[PDB]
J.: 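Sex hormone-binding globulin, bound to dihydrotestosterone - let me ask you about this one.
The sequence lines are taken in order and lettered A, B, and onward as chains. Here chain A follows the PDB entry, giving residues 12-188 in order. Chain B is numbered as in the PDB entry; shown residues: 12-188, in order. All heavy atoms count here, side chains included; hydrogens, waters and symmetry mates do not. Looking at the header, which is where the method is noted, we find X-ray crystallography, 2.3 Å. Start at 1 and go down the list; that is how both ligands and their atoms are numbered.
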Number of protein chains: 2
Amino acid sequence: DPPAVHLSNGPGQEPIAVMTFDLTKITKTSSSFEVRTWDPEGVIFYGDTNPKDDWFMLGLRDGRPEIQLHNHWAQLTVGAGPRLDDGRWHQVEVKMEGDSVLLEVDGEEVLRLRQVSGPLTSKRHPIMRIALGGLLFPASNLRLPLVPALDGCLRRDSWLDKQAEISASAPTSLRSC
Amino acid sequence: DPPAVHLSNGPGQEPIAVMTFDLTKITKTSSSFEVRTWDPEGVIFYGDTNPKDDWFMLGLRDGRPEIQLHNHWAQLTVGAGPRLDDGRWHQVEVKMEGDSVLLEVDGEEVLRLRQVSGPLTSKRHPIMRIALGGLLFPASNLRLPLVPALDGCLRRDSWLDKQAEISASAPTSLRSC
Ligand SMILES: C[C@]12CCC(=O)C[C@@H]1CC[C@@H]1[C@@H]2CC[C@]2(C)[C@@H](O)CC[C@@H]12
Ligand SMILES: C[C@]12CCC(=O)C[C@@H]1CC[C@@H]1[C@@H]2CC[C@]2(C)[C@@H](O)CC[C@@H]12
Ligand SMILES: [Ca+2]
Ligand SMILES: [Ca+2]
């Protein structure tokens, strides 16, 4: 089996990994991974350039994907797709394509948020953070609060553009599944 | 004894802790801690609002404090103070006072970088990061490269302003001394 990691560490709700990227170097604006869980609710990943007004979250709520986003063009809270809380590995892809954010699950397009973003490259503060398994702000600050901990597993993950990655958090924390 | 933590985890040079702060809420612009080491060289802490052009590092080089800083007003590489690599606990305080950054060691003022910063509050991108025990950029990007790992210990630490802290990294990583 390909190497999987725990999405939560237990008591605390701090992300298990944080990656930071130089925005002027991003050419690939998609992430993809595999996820397995029995948990109906929690954070799979969070991205931001600013935690007060340029941020994105993908989690589960009622076993289904949920996207929360606030940036200059769009502010939204959307559920879409099938229940992923069945203990089977699922393929997920999040892509930004033109002004749209796409969500793919198991090879199918399940959500397309159109006209939600201008070009990254020409963005207002050129550093983007990616956190896995939680937020980089307290849960009460979401548009719609959820309890962040997602007792699940992750593998085959690839975030945005490797060539633009400025830092990656200590991998001393990671816990194998 | 008050509880101490390892500044490095060993193989990797990733910071052992990352704290992020809302700049419009900072009222206390100082940090202070205690440090004990036999290591002549490495990073004690790094701060930034942007890792490409608004960043600060405090480490040791030849057993002495070294500050590296690049922001809009100042770009500099300065050694000052006594050797701290003697295996005794040392008190250190880093303070910003008006346009000056002060460095105190064991209750004495050893360095004052004057006219190196305008007001934080009215700053160009309101999120500051603090990393302990390494940088949030590769070492080759410093003004003057050093091997970041500092095999040392830290206690009684307090960073900037607690009331402005947006996130603190998972404390699952921390290793007691
Ligand atoms: C979903 C995207 C784009 C595609 C993907 O790989 C994940 C990443 C997560 C951060 C998002 C980004 C789209 C643009 C956003 C929503 C910015 O406005 C703020 C955070 C960004
Ligand atoms: C030293 C200070 C200010 C005082 C202290 O508590 C640590 C903190 C580390 C980040 C520094 C900051 C002074 C202002 C700087 C140098 C900004 O320009 C960029 C990073 C900042
Ligand atoms: Ca949960
Ligand atoms: Ca060293």
J.: Provide the full list of ligands or chains for dihydrotestosterone.
T.: ligands 1 and 2
J.: Identify the other chains in heavy-atom contact with dihydrotestosterone (ligand 2) at a 4.0 Å cut-off.
T.: B
J.: Pull out every atom of dihydrotestosterone (ligand 2) sitting under 4.0 Å from any heavy atom of B:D65, numbered as shown with elements.
T.: 17 (C), 18 (O), 19 (C)
J.: Polar-atom distance check: B:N82 versus dihydrotestosterone (ligand 2), any N or O pair below 3.5 Å?
T.: yes
J.: For dihydrotestosterone (ligand 2), which part of B:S42 has a heavy atom less than 4.0 Å away: the side chain, the backbone, both, or neither?
T.: both
J.: Under 4.0 Å, heavy atoms only, figure out whether dihydrotestosterone (ligand 2) is touched by the backbone of B:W170, its side chain, both or neither.
T.: neither
J.: Is the closest heavy-atom distance from B:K134 to dihydrotestosterone (ligand 2) below 4.0 Å?
T.: yes
J.: Counting residues of chain B that contact dihydrotestosterone (ligand 2), which UniProt domain comes out on top?
T.: Laminin G-like 1
J.: Is there any N or O on B:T60 that sits under 3.5 Å from an N or O of dihydrotestosterone (ligand 2)?
T.: no
J.: Define the binding site of dihydrotestosterone (ligand 2) at 4.0 Å using heavy atoms, by chain and number.
T.: B:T40, B:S41, B:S42, B:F56, B:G58, B:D65, B:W66, B:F67, B:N82, B:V105, B:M107, B:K134, B:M139, B:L171
